[PDB]
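Complex: nalfurafine / Kappa-type opioid receptor.
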Amino acid sequence: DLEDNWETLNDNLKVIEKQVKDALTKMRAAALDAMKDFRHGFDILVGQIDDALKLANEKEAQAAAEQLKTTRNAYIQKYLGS
Amino acid sequence: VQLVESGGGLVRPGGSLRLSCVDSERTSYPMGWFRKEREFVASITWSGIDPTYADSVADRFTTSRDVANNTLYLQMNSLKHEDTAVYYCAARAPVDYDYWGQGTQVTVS
Amino acid sequence: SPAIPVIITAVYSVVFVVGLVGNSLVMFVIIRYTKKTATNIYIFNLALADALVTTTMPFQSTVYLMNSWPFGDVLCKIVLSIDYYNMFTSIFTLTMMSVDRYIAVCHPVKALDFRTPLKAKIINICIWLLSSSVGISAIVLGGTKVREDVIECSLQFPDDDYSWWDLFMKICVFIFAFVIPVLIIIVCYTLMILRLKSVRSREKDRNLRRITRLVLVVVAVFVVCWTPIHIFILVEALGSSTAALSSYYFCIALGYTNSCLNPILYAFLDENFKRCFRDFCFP
Ligand SMILES: CN(C(=O)/C=C/c1ccoc1)[C@@H]1CC[C@@]2(O)[C@H]3Cc4ccc(O)c5c4[C@@]2(CCN3CC2CC2)[C@H]1O5
């Protein structure tokens, strides 16, 4: 899936930047398609993605999305080693 | 001023003899030796590390300079009639060799 | 960012040629132009020797990027023979120039025999035979062991019965290849220049500063070239990733540098050579 599955996150982030559950469900499911920092760097994001799912069920999920991109950037910097 | 060329003298063919020009008056530092026209045998640096050998017979002679005693040596080994000539040390300016010793003639036959 | 593999293989690439070109060029200048003076025998053999160490740079560079040894056992034995053997030959020939210049200043009439070509050549044959012992050991003792997934080439040692013979031979090499050579050369120079100051115009003061200048460079070269690797590879034998394996290969190159920097120091700074080489290449 290469960077295309990655593009699912960052594209759906921009959509989330604008029921946002559809993007998050398409985002959290895309995460499952992703050396210790790498496997951890995806588990953290799923949890923060999971954190945002609850905030959608009840707008205020934008804060978690902001804390979610910086996490995505954290595994970008780790991926920069290759 | 005056350089006292030691050594010299006759010898048999295939033999050896060490020549030692010195300036104990420490006026000049003998740094090179000179031997048809004037011949130029090897010389050495002031502090005596690197010598500039003589190409003619570099398989027969070695030179060394005692820096502390202000003395230059050279001992020819297994020389032939070709090496027979007058030999004089050449000094250097204290601070184009400027002072030239009287010289001695090694005579082999 | 695979820059780190790129920077290092560059260093191995820059260092490879400067050593290979110089040592080849220095040898081929000596063999043709100035066929000999004692210093000529030393520079040539040092060049010839520390040319062959730079031959071992591809094989050592391969394993860095590749993180394995695709050349097999027999090619690991000879490379281990070549690299060990002509490390010692270059360090010993580099050290034997050290006592040669010392002997001239301090024992000047003893230089009358030491500086003869035969004496140099005699000293310059023995020195390879001494290194040959290390060459012979690295052949038999050299082999390839699988790390786990990754084949590795090194000096193969029995690891049974609390055997630390790897740490011993790394102790043994470190003192034979670095310490007593450093102490010889650090002594012969530091003692040669004391006679110089003892000689008692400003030809002393100018030349003292000039030879002190020249002296410090070689020991500065030799120290910084081999001190960081020798420290590193001993610690890897008592204890202790990705970035560390790069720092280690950086330090390997530094040792390789001494063999590439040597012709510049011991030929291009020698006027009895620099005068000759100039003509061949500045006609
Ligand atoms: C752990 N180690 C190895 O495992 C051997 C690996 C090789 C070599 C060719 O292919 C694989 C070491 C790596 C570094 C090095 O090579 C390095 C200096 C040195 C000093 C003391 C040692 O005790 C020792 C080494 C070796 C051989 C000699 N060099 C000298 C060239 C100029 C820089 C080798 O041993």
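Going down the sequence lines, the chains are called A, B, C, and so on. Following the PDB entry, chain A shows residues 1002-1019, 1025-1040, 1058-1081, 1085-1108, kept in their order. Sequence positions for chain B are given in the PDB entry numbering; the residues included correspond to 4-38, 43-102, 110-123, in order. Here the PDB entry sets the residue numbers for chain C, with the shown residues being 55-89, 91-203, 206-257, 262-301, 305-347 in order. In listed order, ligands and their atoms are each counted from 1.
In this entry, the other chains with a heavy atom less than 4.0 Å from nalfurafine (ligand 1) are C. The UniProt transmembrane segments of chain C, numbered from the N terminus, that have a heavy atom under 4.0 Å from nalfurafine (ligand 1) are 2, 3, 5, 6, 7. Residues contacting nalfurafine (ligand 1) within 4.0 Å (heavy-atom distance) are C:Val108, C:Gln115, C:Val134, C:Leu135, C:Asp138, C:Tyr139, C:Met142, C:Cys210, C:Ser211, C:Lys227, C:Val230, C:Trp287, C:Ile290, C:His291, C:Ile294, C:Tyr312, C:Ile316, C:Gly319, C:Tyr320.
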